[PDB]
Every structure is written in C-alpha cells, then in structure tokens.
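Here is a PDB entry that includes temocillin (bound form).
Residue numbering for chain A follows the PDB entry, covering 50-490, 501-561 in order. All ligand and atom numbering here is 1-based and tracks the order in the structure. Basis for what follows: all heavy atoms, side chains included, without hydrogens, waters or symmetry-related copies.
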Amino acid sequence: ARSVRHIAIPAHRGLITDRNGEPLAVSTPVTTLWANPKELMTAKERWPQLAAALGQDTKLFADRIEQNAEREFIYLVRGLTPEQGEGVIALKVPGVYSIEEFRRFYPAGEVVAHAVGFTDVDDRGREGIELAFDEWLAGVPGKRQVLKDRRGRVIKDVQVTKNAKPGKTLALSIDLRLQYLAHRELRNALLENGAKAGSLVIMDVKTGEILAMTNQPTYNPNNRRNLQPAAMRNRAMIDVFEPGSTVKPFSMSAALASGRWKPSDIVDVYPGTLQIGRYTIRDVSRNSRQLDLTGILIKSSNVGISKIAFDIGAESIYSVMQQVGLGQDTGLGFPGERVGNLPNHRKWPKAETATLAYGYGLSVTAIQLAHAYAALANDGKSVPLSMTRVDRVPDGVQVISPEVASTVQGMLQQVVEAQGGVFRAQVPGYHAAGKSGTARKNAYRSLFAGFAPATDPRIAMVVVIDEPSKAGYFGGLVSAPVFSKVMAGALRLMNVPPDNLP
Ligand SMILES: *C(=O)[C@](NC(=O)[C@H](C(=O)O)c1ccsc1)(OC)[C@@H]1N[C@@H](C(=O)O)C(C)(C)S1
C-alpha cells in the first residue's frame, strides 16, 4: 500500500588535471530519465510525444512499455543534457522521473586519451588513470528514502539517509604542453613513415614522473559512438616487444661492473659475423676489426657485444636488466598493464647469452625501457615511476654504480655526437645521449631511447614506431628524428638551460 525504498544519489567524479592544473577529465551534469510502466499505462495518449522527444519509433516505444507493464522501473534514456532533459520533463507524462547524473568530458580529447582513460555507462573507470585511480576518483554515492504506493508511484521524498561524497581531485605527472608536442611529432612520424602504430614516453629522470605518454593510433574519448578497439590500446603500457639494441648499454654496464672491461678495451669483430652452431650473429656494417667499447655501441656490433657477453656471463647482464626494471612490475597498479618477461635461466648457452646481450629473448614495454634509461641517466639510481604529480620524491634505489652509469652515459653521448653515430638524434644547443634499435617482429620495430642534457640529465625518452613502410626502417633514421624534435621542445618547455657550451 505504502512502502519505504532507497534511491542512490550519484556523486560527482573527482577532477583530473595535468601537473600544471589544466583540466583533463571533468564531471558534466546530465539528466537520466526513468519511468514506472504501471503509471505510464494510465496515460497512453502522452506516449507518442515522449517517444518523439527520445527519438524513438512510437510503435517500438509503446511495444517496450506494454512488454514491461509488470515492472515498476525502466531507464528511458541515460545522460541527456539538462536542456534536452527539461524538454522531456515539460511533456508532463505521468510515471516519467528524472535522476541528476554525471558524464565525463575530456577537454584535451585524443591528445591524452590512453593516459587519462575512459569511464563506462555507470561513470566507473575503464581505461587509464580513470580505471587505475577509480577508488580515489569515484566518490561513495548517496542514499535517499522515498515512499512508494503498491503501483510503485513515488509519492514523497522522505530524507537523505547517506550524503553523496564527491570523488577527489587528482593531478597527473603528465605535462599537457609536452603531451601535445609528443602527440603531434609521433602522429607526423607515423604518417611520414606509413607505420601501423607507435608509442613515445617522456620521463623525469630525477622524480620518476611520466611527463608524456602518447600512442598512435589514438581516439576521441568524447566520441562514444566509434570505440575502434585497436585505437584504444595504451601501447606504451600494454604492447610488449623485444627491445633489441636499445638494451646494449645495460650489457655494457654489466661489462664495466665485471672488473674485466674498460671503455678503451678492444674487441676484434672481424669479419662482422660469428657462427654459434646453428645461430649466426651478424653486424649490419662489416668493415670493422678492432672496436673499443664505445665503437661497439656507435656501430651497434652484435659480434662485439656478444664476445663481451661470453667473457662476463649472461648472469651479470640479466642482473643489470632485472635491476633497471626490464620485464619487471612498474608498481603503477594500472590493471591490464603488461610486465613482459625477462627469463632468468640458471646458466645460459652461448646463443641465449648473445641474444640477451643484444635484446632478444626478453619482452619489455616502452614505459619499462624509458624507466631503465631514466635509472642510467640518474647516475644509476632508479626512482619509482609515477603517473601522478610528485610533491615529495621517494628514495631511489642504486641499481648501477654511479661511476659505471656515468661512463655509459658518456658512451651514449658519443653514440649521438661521434663520426658514424646517430646524428639524427642530435638536439641543437644540447648534449643528447641514446641508442638506436631495429628489431625483427619482413616486419620491423624502429626504436630510439635516450636522455638529455648529458651534462646533468633531466629527461629520458623512448620512441617506438611499428612497421614503417615508406622510407626505410632503421631506428637511427625513423625514431631518432622524433626523439630530436620532441627533446628540442620538451627541454625548452621545462626551461632546461642549453648545455652545449664552452
Ligand atoms: C639492434 O637493434 C640491432 N638490430 C639488428 O641487428 C637487426 C636484426 O636483429 O637482424 C636488424 C639488422 C638489420 S635490420 C634489423 O642488433 C641486434 C642493431 N641495431 C640497429 C640499430 O641501431 O638501429 C642496426 C644498426 C640496424 S643493427
């Protein structure tokens, strides 16, 4: 006859900003319309105007009400503007009710779609930060007591038994200015090279903060009608790859820490191949005999790094890679984040020793690679990763000795600045450091990973471009130019003083 029931009071989802307070996700007030069929059934002459207001066929609308004439609740539509919300309310139909709800808008849209993420139809987080910090952002909902009659007509609002608590504001580590630069330059590299996909990550080597994370393809998270799923992949965090030659500096770190190698030591790489039973190690350029350790990185000799790997043992290389976080949990607690794999064999045969040392037989993400380079640039100290603005920097872990990291930094500066090096990664006005890669998946992954300024490193960056088709595929020519252009702008946006001085 008269029954007490409780209706959920939706809560306003917390504002997401970039590190500078620019809005990235905002809760917009929407109006949801529900109906009591049992009441609607007493006012059928109003139905047609309501169907039209909801853009529905009059017969399909009517059929649906009749089919649910037993129920006391149905959604009519979720998530109208309050202006179109009022339109339907004006129609004054018995048994139509309104709930005030919230809809996310993403001001920056596709520029930061993967990082910021997406909410489902219930305003819960579903991809990216929205998912990872859903508990922070969501906000516990409210409860109001209503009286209903036996037909389920809402007679009376009685009281609020639990206040809605709004979700909490969250400032990302992302800098929208760098995020826009990275986005623009990665899109243009994708189109210039007719490539299938790519990622670019920018990290603060001192604070562990991710300043930019971008992927192609991307999508407009404000356009909830397409949802092409391949464009929704946050590739920087969920696509694993063999990193190939971008891990040679970690091989070189193991070599320098072994006590068996100094930078001026020499390896004979002639004739640019080496038989390992069934396997044959090949250098792309084979006009070399004696190379020093720096030369082995400038020419990316697989023969040279392999011979060093045989001398020092796979264990020492595995150890460095594990300590800098290759194939390791990032601690970011993004659900569905990929960890890849760094297989720890007890002893390694020669084949597996060589392939590890030049970046096959492990799987990593662009974010792990960027983090690893961050530790190398930060004098061998790994600072924990963050996707949220860091006020108080947590203690880092010394994973490579400062002398060794300093020495390898210098070698990577030579990889960029030396005769026959990756000149396309040069950053006019600054000393930049890094290493190119070109990985087989004929299908190629183009890689460049590095940091700047070499004098006092601030920024680590990774560029991954999947299946370039138009103009070659070497990391040194496809990805290096992107690193150059994004590092040119990012350093200046952060007011990092040019270090290419007397
Ligand atoms: C590292 O990435 C690199 N890559 C290769 O040797 C490739 C392979 O595995 O066959 C490759 C050779 C020709 S095209 C792809 O060594 C494991 C070397 N580093 C690359 C780079 O710096 O971009 C080279 C110079 C292409 S070879």
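Most heavy-atom contacts to temocillin (bound form): the chain the PDB entry names Peptidoglycan D,D-transpeptidase FtsI.
The 4.0 Å heavy-atom shell around temocillin (bound form) contains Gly293, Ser294, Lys297, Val333, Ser349, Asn351, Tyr407, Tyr409, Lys484, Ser485, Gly486, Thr487, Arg489, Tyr503, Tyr532, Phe533, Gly534. At the shortest separation from atom 22 (O) of temocillin (bound form) among protein heavy atoms lies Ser485 OG, 2.5 Å. Taking a cut-off of under 4.0 Å to the non-hydrogen atoms of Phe533, the atoms of temocillin (bound form) that pass are 14 (S), 26 (C). Considering backbone and side-chain atoms alike, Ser349 places an N or O below 3.5 Å from some N or O of temocillin (bound form). Taking atom 9 (O) of temocillin (bound form) as the reference point, the nearest protein heavy-atom neighbour is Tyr409 OH, 2.5 Å.
Of the protein's heavy atoms, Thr487 O, 3.6 Å lies nearest to atom 5 (C) of temocillin (bound form). For temocillin (bound form), the polar-atom distance check against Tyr532 finds no nitrogen or oxygen pair separated by under 3.5 Å. In this structure the covalent anchor for temocillin (bound form) is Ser294 OG.
Proximity to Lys297 (heavy-atom distance under 4.0 Å) selects the following atoms of temocillin (bound form): 16 (O). Of the protein's heavy atoms, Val333 CG2, 3.3 Å lies nearest to atom 12 (C) of temocillin (bound form).
Distance from atom 16 (O) of temocillin (bound form) to its nearest protein heavy atom, with residue and atom name: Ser294 OG, 2.7 Å. Close approach of temocillin (bound form) to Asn351 (heavy-atom distance below 4.0 Å) involves ligand atoms 6 (O), 16 (O), 17 (C). Distances below 4.0 Å separate heavy atoms of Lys484 from the following atoms of temocillin (bound form): 22 (O).
Inclusion of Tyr503 in the set of residues having an N or O under 3.5 Å from an N or O of temocillin (bound form) is not warranted.
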